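Entry overview - beta-glucosidase with 1-deoxynojirimycin in place.
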Amino acid sequence: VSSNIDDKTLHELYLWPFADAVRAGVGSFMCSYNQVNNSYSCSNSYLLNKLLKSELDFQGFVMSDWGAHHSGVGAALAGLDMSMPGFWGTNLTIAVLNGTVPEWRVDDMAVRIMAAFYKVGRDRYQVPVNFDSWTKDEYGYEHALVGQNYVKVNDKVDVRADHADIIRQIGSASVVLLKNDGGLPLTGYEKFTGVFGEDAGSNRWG
Amino acid sequence: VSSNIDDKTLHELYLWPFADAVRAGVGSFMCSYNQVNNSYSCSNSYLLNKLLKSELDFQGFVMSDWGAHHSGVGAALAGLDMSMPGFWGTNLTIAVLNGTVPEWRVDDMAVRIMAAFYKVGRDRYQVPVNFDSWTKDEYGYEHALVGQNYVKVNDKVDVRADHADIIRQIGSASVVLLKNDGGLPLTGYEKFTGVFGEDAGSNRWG
Amino acid sequence: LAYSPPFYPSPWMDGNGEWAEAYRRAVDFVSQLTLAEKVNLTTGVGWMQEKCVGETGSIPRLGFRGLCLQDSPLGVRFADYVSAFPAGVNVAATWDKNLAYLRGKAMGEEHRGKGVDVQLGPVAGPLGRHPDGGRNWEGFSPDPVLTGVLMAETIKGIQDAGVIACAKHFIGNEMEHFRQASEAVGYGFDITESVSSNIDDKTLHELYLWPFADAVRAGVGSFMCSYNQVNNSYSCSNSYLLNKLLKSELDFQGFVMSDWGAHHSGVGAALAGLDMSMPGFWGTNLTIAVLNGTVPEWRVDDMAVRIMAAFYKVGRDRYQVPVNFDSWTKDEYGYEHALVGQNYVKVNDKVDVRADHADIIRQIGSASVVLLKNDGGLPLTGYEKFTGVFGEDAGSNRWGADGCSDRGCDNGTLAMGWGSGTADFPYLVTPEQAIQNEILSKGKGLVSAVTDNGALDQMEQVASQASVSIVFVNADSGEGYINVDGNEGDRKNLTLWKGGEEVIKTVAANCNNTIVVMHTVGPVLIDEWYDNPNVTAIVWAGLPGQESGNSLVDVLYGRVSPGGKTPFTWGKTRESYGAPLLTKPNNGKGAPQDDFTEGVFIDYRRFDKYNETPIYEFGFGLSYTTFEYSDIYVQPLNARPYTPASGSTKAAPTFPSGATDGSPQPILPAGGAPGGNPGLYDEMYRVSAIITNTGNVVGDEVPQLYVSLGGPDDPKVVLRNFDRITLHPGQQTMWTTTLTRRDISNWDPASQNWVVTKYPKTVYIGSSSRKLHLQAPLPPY
Ligand SMILES: OC[C@H]1NC[C@H](O)[C@@H](O)[C@@H]1O
Ligand SMILES: OC[C@H]1NC[C@H](O)[C@@H](O)[C@@H]1O
Ligand SMILES: OC[C@H]1NC[C@H](O)[C@@H](O)[C@@H]1O
Ligand SMILES: [Mg+2]
Ligand SMILES: [Mg+2]
Ligand SMILES: [Mg+2]
Ligand SMILES: [Mg+2]
Ligand SMILES: [Mg+2]
């Protein structure tokens, strides 16, 4: 689908919060699956080169949404910096050697990515990836140069800390009271409390 | 169905705990729906007159199970004292006036019932029946001499007191550990607890 | 509270006219009986104690077995190897006296073959006060004339076959709610007495009583009094109802039985006109009452002779055979207690009584189809390139045709409502089966049946490809002891069941040639879809019994032109019909009070009074051809002036004020013979019109005669006559009928008689209650 949005509407509505994101120092952007004015976001030069990287002067890197369509090497020239989830590598290398993509573009892609990395201090805070997205298993086989290895893929590192507190707090803070004709608050000393609706209960599948 | 039980089996098995009940001073018995040796319990003279009221020397009163079959007024002669849930009334009266049921028998029925009443001190502890079995509604219509009354049928008297404690305690005391190869007890500091089965969950109907 | 005045004594039989011979034979029999034997005839044997739904005591001394009383109005209930006939409402939709008669004959034959003495049917009560009344489908029509006529024909059919028929339920059992206290308690209501139908004298006479008068005059052997009260007296001990209306004014010569466990004043019921207690304490109390003089000898003698007169009237002496089935098991053998030990006996002989009755069932099925809409949709050819069949109502009951107790479910195609008014299907031909057979025997186009109402994706898919889409929807109801999906007998709404409306909408969105077939116990609200231009045809097929699929396709594919007319109104809203069911007790713990305040204004009378336009009016139905009406003519017949009945009864023979008076009694002015004063049936006018088939195929028309009685409180029009006529293309016929005195009269409470009022009367002949093509005055004389 092509989202057909006029310049004024973009600026006064949809672009506005993204401007805030840039000014807040966000390290990366993700260009969307859809087209804008019949150009895919991830190879839309007006969107990425003009609005994001000129007007809003974004200094970080732009990645594609996962398999978001773009004009390959053309996307790089239109302001894309990173292709996800991943041909691009080969074509980009070839494009630089043959002059279709300038050396300063690939240099800019690399430096934007590394700038984001250094900006938040990944050099300090980086630890090995200690979980696996695709299994909960502790161990899994992996292909080697010779045969296979059996490697630890999940360390079960408990990062929850005391975060249950802020979750409970934001829960309470996000409750919106829309009507109250003497119903709330309750005391806990009511003689008989009825609770109704599946939305009160458990997911029976866990 | 007729439960066909010989004299020895009755005495050494089924009758034994009922003898204990008699000796514990229980005020009433309920005769069963089934037959014993092809005589309904509630008009079984061997059962009521001999075993219960002679051998075990029960002093209290025998009621029928609800609509338990018996030979009408013949049941009173065989040791029945109270017919539940309720013909019997008018037939029994006629039986006394006829001389087919002795005066001393109906007198014994009444005195057995009142003896139980006094034994446990109902004269001191009786209060109005403050609930209704057939509705949770607070009020209901009732027929009067003239027209109807709308009467309070449920007072919602909370009698639970602290009984939740003994219920919890008996729950815990009634747990039987049949196997334990290092499984129990748990600590509550287990890293991941899985709970499985509908028997763990709620009645979704309340 | 409404009050029912007493009427005593309880009239004894006359045994005149068509009852003379039965009376003589009855007297000859009862003269030989002891008091105990007489009382036995009046006493049910107890619930489920023998083979039949009910049985009387026997008289072994004379080799006379107990009577076998068996449901239902549409077949033999419980027994195996029987037929499942279309429901009464289908019979109403035929508007066909001949078919009504033949169905009665076939039913009576099946009962006879099983050894049944009394068929517990047919039904004129409920008449159909409410569109959502649970048991209306067992009856015929809210119209008293349509019901009365077809009631009479059904009765004659049954009794000509050699079985006693039973007119039920008398009277005012117009809904299931609160019919019995125990049943209401079961549904969470707190009442100790049944609802009271509060009906005034005029309303009774001009509406609810009318079809029962026809039943009496048709020679019906028995009556069943209802569970409800009328003006705060239980029907079965309501002396005004039984002694005055039924046995004096209507001069009923047969016997009255109670409905099963219907409340009455015991011995007092006998004095108030009850003759037989079902399912049966009554016996010993009645004996005691005779011996101690509270019940006169003549009353019990009359009870006995009324029962035996019915027996002899239909020739039970000739046609009785042993009861060769068992209601309570399909087992071949079973045990019965003897004086000593037990006997092992045959209980089911598996007597196949079906004969050729599948034919009449298929025919009545087709004749009861009402074409409500047709914008070039029908008939089909069977050479369509792709036929889609949609809706659970097209498919099979996955539990088997008889998989639901007393049909107490809405599984698959609806061919029968639920409750006592049932019979077991020997088989059931579904629309799915019949339509597939039609295609594969002709053009062999594509055909698919999506019979899960939730499978809307598939319905879109298939309907998108179809040349024609045939959509099936239903709505069910029944007796109050069965609750299906919150419908406690009565319908909780007039919606199509199981998301049927959504099925129609989904299919119609994808196919511009959508046919809708409705299998409903009564009207449903169709306002949202009937006028959809993608819906090219609409039919109502009702409850067609075992041959449903076949009888339908006969009409859909043009072998039979539809000729049915709707026997009730299709309105825009529930409110169109009038006030809701009384479904909330309004007298505390006492008898709910149900006031029939609308009077005679039910169904089309109501719509007409308030100038509301029905979607489909009473008496409306389309054809594959067209008809024209012309040349109405009224001939006055100069009948003898009406003479009120007078004179006395005989003294009560032997073989509350007035309850024991066996002295000669005065004849009521509107009484004097079965069905009322015979002067009521004098023909006053002959009315004629010409019907022409102006179309291209043979078809049936149902011309209808309506009368404006002309008073301020009278309906604009009331149906008075009808016929079903077959006409070839171009063929004309003169339709000639007569109007009786009763047809042009009003009940006058003051004089207790029927009166022809001063207001000018108009007669109409047309094709529906609203399509009144012809009219003429009824000139007074
Ligand atoms: O899962 C990765 C990626 N999938 C596609 C989603 O649009 C995006 O929000 C997400 O981050
Ligand atoms: O509900 C009353 C009564 N019903 C019958 C049961 O057998 C008995 O245990 C119970 O007390
Ligand atoms: O089944 C016997 C009897 N039950 C009660 C019903 O109202 C009646 O129609 C039926 O005949
Ligand atoms: Mg810049
Ligand atoms: Mg003793
Ligand atoms: Mg039996
Ligand atoms: Mg036949
Ligand atoms: Mg008479």
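One letter per chain, A onward, in the order of the sequence lines. Numbering, chain A: per the PDB entry, residues 217-302, 312-431 in sequence. The PDB entry numbering applies to chain B: residues 217-302, 312-431, in that order. Following the PDB entry, chain C shows residues 23-302, 312-686, 736-861, kept in their order. What you see here is only part of the deposit, and the contact count is restricted to that part. First listed ligand is number 1; within each ligand, the first listed atom is number 1.
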In terms of chains or ligands, where should one look for 1-deoxynojirimycin?
-> ligands 1, 2 and 3
Identify all other chains that place a heavy atom less than 4.0 Å from 1-deoxynojirimycin (ligand 3).
-> C
Select one of side chain, backbone, both or neither to describe which atoms of C:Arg201 lie under 4.0 Å from any atom of 1-deoxynojirimycin (ligand 3), heavy atoms only.
-> side chain
To the nearest 0.1 Å, how far is atom 8 (C) of 1-deoxynojirimycin (ligand 3) from its closest protein heavy atom, and which atom is that?
-> C:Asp281 OD1, 3.3 Å
Going by the order shown, which atoms of 1-deoxynojirimycin (ligand 3) are within less than 4.0 Å of some heavy atom of C:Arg99?
-> 1 (O)
Any idea which atoms of 1-deoxynojirimycin (ligand 3) are less than 4.0 Å away from a heavy-atom of C:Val75?
-> 1 (O), 2 (C)
List every atom of 1-deoxynojirimycin (ligand 3) that sits less than 4.0 Å from any heavy atom of C:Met246, numbering the atoms from 1 in the order shown and giving each element.
-> 11 (O)
If you measure from atom 9 (O) of 1-deoxynojirimycin (ligand 3) to every heavy atom of C:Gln141, C:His191, C:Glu160, which option wins on shortest distance?
-> C:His191
Considering only heavy atoms, does C:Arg157 approach 1-deoxynojirimycin (ligand 3) within less than 4.0 Å through its side chain, its backbone, both, or neither?
-> side chain
Enumerated 1-deoxynojirimycin (ligand 3) atoms positioned under 4.0 Å from heavy atoms of C:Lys190 | 8 (C), 9 (O), 10 (C), 11 (O)
Please report which non-hydrogen protein atom sits nearest to atom 11 (O) of 1-deoxynojirimycin (ligand 3), along with the residue it belongs to and the distance in Å to one decimal place.
-> C:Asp93 OD1, 2.6 Å
Define the binding site of 1-deoxynojirimycin (ligand 3) at 4.0 Å using heavy atoms, by chain and number.
-> C:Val75, C:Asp93, C:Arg99, C:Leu142, C:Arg157, C:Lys190, C:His191, C:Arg201, C:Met246, C:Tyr249, C:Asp281, C:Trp282, C:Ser451, C:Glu510
